[PDB]
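Quick look: rifampicin on DNA-directed RNA polymerase subunit beta.
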Amino acid sequence: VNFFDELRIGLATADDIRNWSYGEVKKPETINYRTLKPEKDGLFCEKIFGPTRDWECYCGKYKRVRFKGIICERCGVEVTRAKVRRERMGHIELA
Amino acid sequence: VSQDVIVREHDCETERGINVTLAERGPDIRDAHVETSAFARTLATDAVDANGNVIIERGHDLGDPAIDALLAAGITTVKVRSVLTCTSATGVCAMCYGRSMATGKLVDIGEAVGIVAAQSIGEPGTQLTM
Amino acid sequence: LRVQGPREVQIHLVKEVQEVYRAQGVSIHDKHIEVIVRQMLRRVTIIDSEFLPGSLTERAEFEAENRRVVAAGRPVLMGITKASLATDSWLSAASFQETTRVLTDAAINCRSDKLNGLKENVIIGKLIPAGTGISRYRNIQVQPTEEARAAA
Amino acid sequence: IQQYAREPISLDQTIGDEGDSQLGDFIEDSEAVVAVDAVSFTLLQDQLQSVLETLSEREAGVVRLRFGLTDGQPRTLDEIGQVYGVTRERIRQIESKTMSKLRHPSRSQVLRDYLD
Amino acid sequence: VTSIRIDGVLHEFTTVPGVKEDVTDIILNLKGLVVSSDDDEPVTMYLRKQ
Amino acid sequence: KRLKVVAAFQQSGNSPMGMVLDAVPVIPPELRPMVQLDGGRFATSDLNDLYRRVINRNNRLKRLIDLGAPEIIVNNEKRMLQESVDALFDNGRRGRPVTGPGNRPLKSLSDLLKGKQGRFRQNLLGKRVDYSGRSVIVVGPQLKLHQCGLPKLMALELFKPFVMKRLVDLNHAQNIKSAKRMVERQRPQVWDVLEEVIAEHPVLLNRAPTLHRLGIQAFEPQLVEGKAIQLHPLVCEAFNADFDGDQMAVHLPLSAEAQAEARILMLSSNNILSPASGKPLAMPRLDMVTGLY
Amino acid sequence: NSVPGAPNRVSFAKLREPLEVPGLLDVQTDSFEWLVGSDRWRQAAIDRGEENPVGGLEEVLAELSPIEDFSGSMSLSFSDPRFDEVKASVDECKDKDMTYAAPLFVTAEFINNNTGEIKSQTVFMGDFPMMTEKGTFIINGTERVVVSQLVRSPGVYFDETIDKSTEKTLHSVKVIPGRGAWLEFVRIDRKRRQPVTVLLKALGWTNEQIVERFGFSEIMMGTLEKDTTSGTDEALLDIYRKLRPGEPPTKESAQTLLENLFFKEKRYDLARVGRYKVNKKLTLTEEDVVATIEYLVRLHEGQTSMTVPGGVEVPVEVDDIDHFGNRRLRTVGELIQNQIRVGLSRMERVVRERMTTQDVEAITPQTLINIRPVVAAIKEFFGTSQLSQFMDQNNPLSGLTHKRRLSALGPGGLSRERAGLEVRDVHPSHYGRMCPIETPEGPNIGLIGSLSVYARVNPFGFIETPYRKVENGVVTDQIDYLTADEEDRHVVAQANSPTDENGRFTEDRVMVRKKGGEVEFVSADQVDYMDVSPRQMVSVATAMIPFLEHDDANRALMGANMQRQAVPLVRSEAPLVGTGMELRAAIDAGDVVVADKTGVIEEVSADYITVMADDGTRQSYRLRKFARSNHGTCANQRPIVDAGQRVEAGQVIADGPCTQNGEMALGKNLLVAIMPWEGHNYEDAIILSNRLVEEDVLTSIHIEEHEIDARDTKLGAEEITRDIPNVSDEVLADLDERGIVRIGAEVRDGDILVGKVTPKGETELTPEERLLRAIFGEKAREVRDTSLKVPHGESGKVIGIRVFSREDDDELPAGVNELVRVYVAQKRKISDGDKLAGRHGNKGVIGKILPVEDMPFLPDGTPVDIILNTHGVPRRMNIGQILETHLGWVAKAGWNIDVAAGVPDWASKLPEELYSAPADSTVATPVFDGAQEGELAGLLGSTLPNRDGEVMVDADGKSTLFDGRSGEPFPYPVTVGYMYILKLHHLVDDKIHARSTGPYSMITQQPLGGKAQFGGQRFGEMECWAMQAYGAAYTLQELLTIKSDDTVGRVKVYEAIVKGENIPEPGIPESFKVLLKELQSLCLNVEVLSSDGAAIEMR
DNA sequence: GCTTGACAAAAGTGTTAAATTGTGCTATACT
Ligand SMILES: CO[C@H]1/C=C/O[C@@]2(C)Oc3c(C)c(O)c4c(O)c(c(/C=N/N5CCN(C)CC5)c(O)c4c3C2=O)NC(=O)/C(C)=C\C=C\[C@H](C)[C@H](O)[C@@H](C)[C@@H](O)[C@@H](C)[C@H](OC(C)=O)[C@@H]1C
Ligand SMILES: [Zn+2]
Ligand SMILES: [Zn+2]
């Protein structure tokens, strides 16, 4: 677009933070020490943030651009460009 | 602080201004610095000689010749347009600001005089004994 | 300021600033110094209220609202740093200085930035509202004269 | 085991206290789009469209479905034989002939510079 | 003299066994050679000492 | 003073509850990347260890709550969870900062925006750009005021995409792939092509520090032998350029509007008088003075 | 002089150096020899000094000995450290990327008081890095230098600061120890609100003693009457809660609090420096505390002498933190010692705790001891420490100044940004100790300096300077090294003063220096010490500037800093007009080959030089040949002796990089013309004769090192091979079987050096890519191409190759199978844009290089080589460059003073045997004793062959040059001569960058700067200001959107240029999109709103 | 031009064994 009118700030409520979130990161795990792949439910979890490779799910049962915007029933990752890995946010539910 | 200051219109039409000295008492003697105070300005009101002789009309560029002509008539002050008295709603007006030092002519309407002022003031700062 | 009035302070500040630069042999036209001074006296203090006492509000923004067809203030002299922080643009004040301070107050006041200043447009990649970016210039329409198209 | 024990380093670390250069900003983006390649690839995509124009409607049709040029999804010999109504072997035959036709220097000479 | 070829050395930045001058400092000396060739068409000279 | 804050929450629809967090947002992973360098060893952003402390303590808190645990223990966790989130947002703002190996403080979310190295000054108000270069400058006494000497090697790379098209328009190269390699290896045919693309195509010449706008000026490029840049001797005053080893940056205006601005607004010969005092700047100096005197 | 093979360089000095320049490398060696305390250092202290010399290692080992826990039931004693022979040679270490070190062993005693047993076990501490002959270290293969640090010596220092509130005088005191909390007058450990009297009650002294000891102090009595603290135990409580807030005290903790903080030796360390400073000025005990208060009281009262019970009288005066008497130097040995102590204190913790949980009597020195923190201290110091520096070796001089460099930065000293300007200023006590002229120009001015020539470091860390004491107007031969403190005590006569035949003050009055310092006179009766010689204050680099006295300190400072930046040439000609330091500095640098035994040469080859000493023994020296220096310069060596030559101990056998016949040769001598020339040499620019290219006079060699490894990948193993996935057989034309460039080949930007391939995963080729694979039948390979190529804008010849394989036994880190290093070298002709300079701070780039045909040439037809502009000379205050331009011509053509009837009047003042000199004879003018103006003129008119008997230069140093273009003489006489100009390490080939498109940063999509990453320039804030002032919106938007950050726009613009279409409209800068994300991560809801279509999403 | 049957390589599936991973536990007394 490149033409917006106003840019506004405001206190983010816990609901706003939850609506931004694509899922709750529950583990303090970055990546597996052997396979070097993102650990599920942790930071970098492909199920929450997004795929590592374009149109490829974690397990790979859906690897083609033929079906975009579908979630793999096994790994739970969405099939789309890995650019979303840079656009999506998680959240943490504090006890 | 001045980056948002830009010429927005030709003339705000206000009659307000500031009084430049431009000479004093001589001979019984141009002011030390009329080049940075009087020159490049624009007259806010007519410069009237010691009668109704008016020698320079309001809205004159006030170049080098006009100062000599003015001095002949013996005018020891002049009221001039300034951005301090400009009444423009947004930014300033060309007439109030005056001539553009780079072009030598009336400032264009797009000019961003705010930044040009900050840079004209700061650049010599390296030459100031601090 | 309080003694001789706003229009006299500016004459003083310009003389003082122009004296230092004259001591080192520097030639700066007063108008440049005037552009900067003009920005220190753009606001006034609100002694009584829509407005709160002790706040620094823009002069023009204070006249139209104060009328309210059917709240007094005094001219305020303030430094460039303090003045520029009071700018209406919140992301402009953020990039300038005291980012955390600016962001916390902007989020509480729920500020909205119109993106009019030229620094705001630089950040988001818009055309600055100056020079060739002004509306009259960028909206210029060009076509060859019918007499010229004939000559081909 | 000695590779497992290695611990990562900080991208926010300053490499060299001399030059306040943060390691993080020295890291390339290997997956970034390269302009010259994507443009040449676009040009390559056009040159293939033309070369296939020389082939027959079914010759090119089988080549496109075999490699999935249109859909991006390759197809098996039997599946292509199911659209044109033939056996997979017949498609295997039509494949070999159109490939030797593509190997004909007239059509291949233009695509040579796209090796990589 | 345009080029030169020495058996043991493959480039200019090495030394030769027994020689007091490195190859780069020998070429510096050889630049002072004043030669006159009465024929066109590059001609190779030869030098061998033991 | 206290009324200023209390009043701010009234007019705005913000509920003051926002100042206490029930949930904490997690930044996208590519903004806190973890990647392996050349050789295999890994590097990652500090935010992950910061997020790791928060997640650890929050999860440990759930554990103590369920078992049932003396307040001394539970309260200790909440105090720890509070500090962890504080360091995540603004590390060091309260107490000693969270440090890593070598006792160097970790980089909080606030540390991304603030300072000369933050997003605003580093990546927003300035940035590194394509189609640019630099080199040491040498005098150009034979140049016209509107011209500058440009190293042929430097010019070739700057205009690479342009010459590639020109030598493909001409039969020099058959496809863009051949054009690219023909420039990389510098086959002698390109030079005659480079002069054409460079013709009447302006470039911007800047020397830091840029004090006034005259610190950037457009010139007409001229292919020059050597790797140095030839600068007109009359523009030294504006650039404050000494030939004691100074360097200058070159930028290539691309769009029609950008080239128009270069030729019209920033052209060398159109800017002569300083825009502060009106005095002339390109005025002769130092040699031309004694030469004419 | 006094060096056997020293070349004959005539000097103009009117004095005689009474003391040779000491070994300029001693400062680095003596420090290390103290640490290791070898026999060479043992004999030093034994001959004259203490009778119990203690090596730095032993000294720190005494502190630990013995170890004991709270029970004191078991004790572990340390003693007798030992070193084995060095593991590998320095040359082998730099080759194998290891660190030159010698293993260290110690004696570990473990005594159980209950069982009364002894378990003596030899312990291995670790490989201890050793210092080379050149005072350097080899840390992981690279040669490094440990610079000495400047710090405030621990002690009691007072200062008087006036308070504007009362407009009256105030006095504050500070006591800075070796370690522990610091106190200030009470102000203790950043805890204010303390009455100095309350602590005197904390010790338990009664108020009566306060009135007894305070005495004449008025505020001393008035403060105790004001303090409301009653009792010695109650004051300890008022001191307790403020020092340990939040902790309820106890009578056991309140009393040991004070003693443990300072009196206890553990937490408050008595410093040998601090213990010595105050012990004379007045470990911790009350005696030192009360003495400070009594000292402070007298200072505020105004008395200059203070005495107390059982104390020696001393003056009560304020101290100067910048006086070198209170500011010391932490040499390398001490910087190492401190890092060892940190390792032992960390091991002591594990030694003590290990005893508790370990089975008693089943523990041994090996079990209790763990050296992980000890070796980690050493390893973590030589690497990553600010004082352990990558050695600066462009030339022998640059390296010789790196060592001898003194720094105020680093841990334990003021940091760079915080320090005030008061320290940076020169101080009177810097004379002869720290050169005031050599220092950085940038933000580090005054904080970094080089040790003076004759300076010497004290075992306590204070710099000493050599002096010759005078008694009754007679200067003896007694030379006494004095510290700054004892220097002010005496009066220092000036180095040059008229000498009387056998020794006596001839002048009626003598120049003197006071403790002010002040300059005054006496009749030579009250002088005590005199200067050893001029240039005591000067450093090595500074002392190499001919006519130093004539150039202003500004341009001189530039002149010194630029000598280090020179680069070794191929020919390496020595300076025609030099100073005394040339030959002395080259040998002491270490880049020259010196013979250590008198003898005769057996062989001489480019490879090595052997000498047959008279002793019958045989020494040999392998010559460094084209060795890549740390910074890329060429470290080649060449022999200067023949076969049958005789030699003497300490002579020069071969020349180093920048040396000729034993003396430093940082540049060439060139024929100079000081006329302005057709606006080509203008504004410091320079023009050269093309001769300087054809004859390789300014040519120099540079060498690069490229490296690539083959490691184990999770998907396979990297393999170095000649097979590349997609390449022409021509690109591999210069590769051998293994896939590494063949020695002696030429390499061009982008060429292949080492072929490497790495496994690939799940290719999934594009359909357009698979169709071509079937057509042309090139099977898609299973591995990606990650190969080593030559960097952009870099070329040369392949000198040598170094291959480390895993198959071959060699050592590699886990995962690395094969590592190959390729060395490329190139001859760099002097090019326009390269930076040249003289020793006087005059610098400038090469503006143009004219054919030797058309150039100002003398009547001889001899073209001048350089043409320097006339205008930059007068205003800069560096006129020495003109002097050496005149003398340079004198030494080139020779001269003969008129023997007619006697010696002219100008040569009357002690020029001896300098009356005649042949053509090309070299000259030496020591800085402050060099030639004088009168003597120059007399020499300007002198011997006159070119070949014919015609003069080419008059007595004014001018000549009539002929323009090489028009062929007509220049109207006026122009100054010609020979000047010594250096080639500086700022080269155009390395500084010219250009970029159209390239790599982009990962998080931010901006191009990454630096030539290494092929990056683009930075268009910064100030530049955007200038762009805004012009009013060019589209230019500004372009630079910030489609040229850096627009991920989709930058690929479109490229597509548009290639197709000749119009450049599209810009998009949203990726950086801004990241900003909104980073603001959202702070719980800031940032919404981008439309005019009326409220919310927008960035996707 | 196209189809049929024999056939082997390649690709999936299900079934198992080996391995990898998570968790519980250790009782002189030690605060
Ligand atoms: C761990 O070592 C580092 C610690 C920095 O931390 C920091 C904050 O604490 C420092 C200490 C304690 C110093 O004593 C010091 C110094 O004496 C010095 C420079 C100046 N350096 N520059 C020279 C000029 N050039 C325009 C820029 C760089 C420094 O910056 C520092 C310095 C720092 O900056 N010396 C000069 O200025 C002079 C008179 C000559 C320079 C010769 C060469 C150039 C250098 O010696 C090269 C060979 C390296 O040795 C250094 C660069 C080290 O870098 C490395 C990788 O080795 C650096 C000491
Ligand atoms: Zn899946
Ligand atoms: Zn106006």
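Convention: sequence-line order gives letters A, B, ...; per-chain numbering from 1. Contacts here are counted within a displayed part of the entry, not across the full deposit. In each ligand, atom 1 is the first atom listed, and ligand 1 is the first ligand listed. Per deposition record, X-ray crystallography, 3.0 Å.
Mapped onto the model, all copies of rifampicin cover ligand 1. In contact with rifampicin (ligand 1) at heavy-atom distances under 4.0 Å, by letter: D, G. The name that the PDB entry gives to chain D is RNA polymerase sigma factor SigA. The binding site of rifampicin (ligand 1), defined by non-hydrogen atoms within 4.0 Å, is formed by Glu18(D), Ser385(G), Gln386(G), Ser388(G), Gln389(G), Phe390(G), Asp392(G), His402(G), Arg405(G), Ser407(G), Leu409(G), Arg416(G), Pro440(G), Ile448(G), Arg564(G), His631(G).
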